[PDB]
A.B. asks: 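A structure from the PDB, with dactinomycin included.
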Amino acid sequence: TXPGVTXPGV
DNA sequence: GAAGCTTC
DNA sequence: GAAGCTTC
């Protein structure tokens, strides 16, 4: 996720 | 190193 | 199935 906690997506 | 997910 | 980057 995020970053942090990529995206989604990318 | 180890956890934090939908979108093509 | 690849398609992704960091907090910690």
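To find a chain, count down the sequence lines: A is the first, B the second, and so on, and within it residues start at 1. Recorded method for this deposit: X-ray crystallography, 3.0 Å. Modified residues go in as parent or X - their extra atoms don't get counted.
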A.B. asks: By ligand number or chain letter, where is each copy of dactinomycin?
C.D. replies: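 The drug sits at chain A.
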A.B. asks: Heavy atoms under 4.5 Å from dactinomycin (chain A): which other chains do they belong to?
C.D. replies: B, C
A.B. asks: What does the PDB entry list chain A as?
C.D. replies: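 The deposit names it 8-fluoro-actinomycin D.
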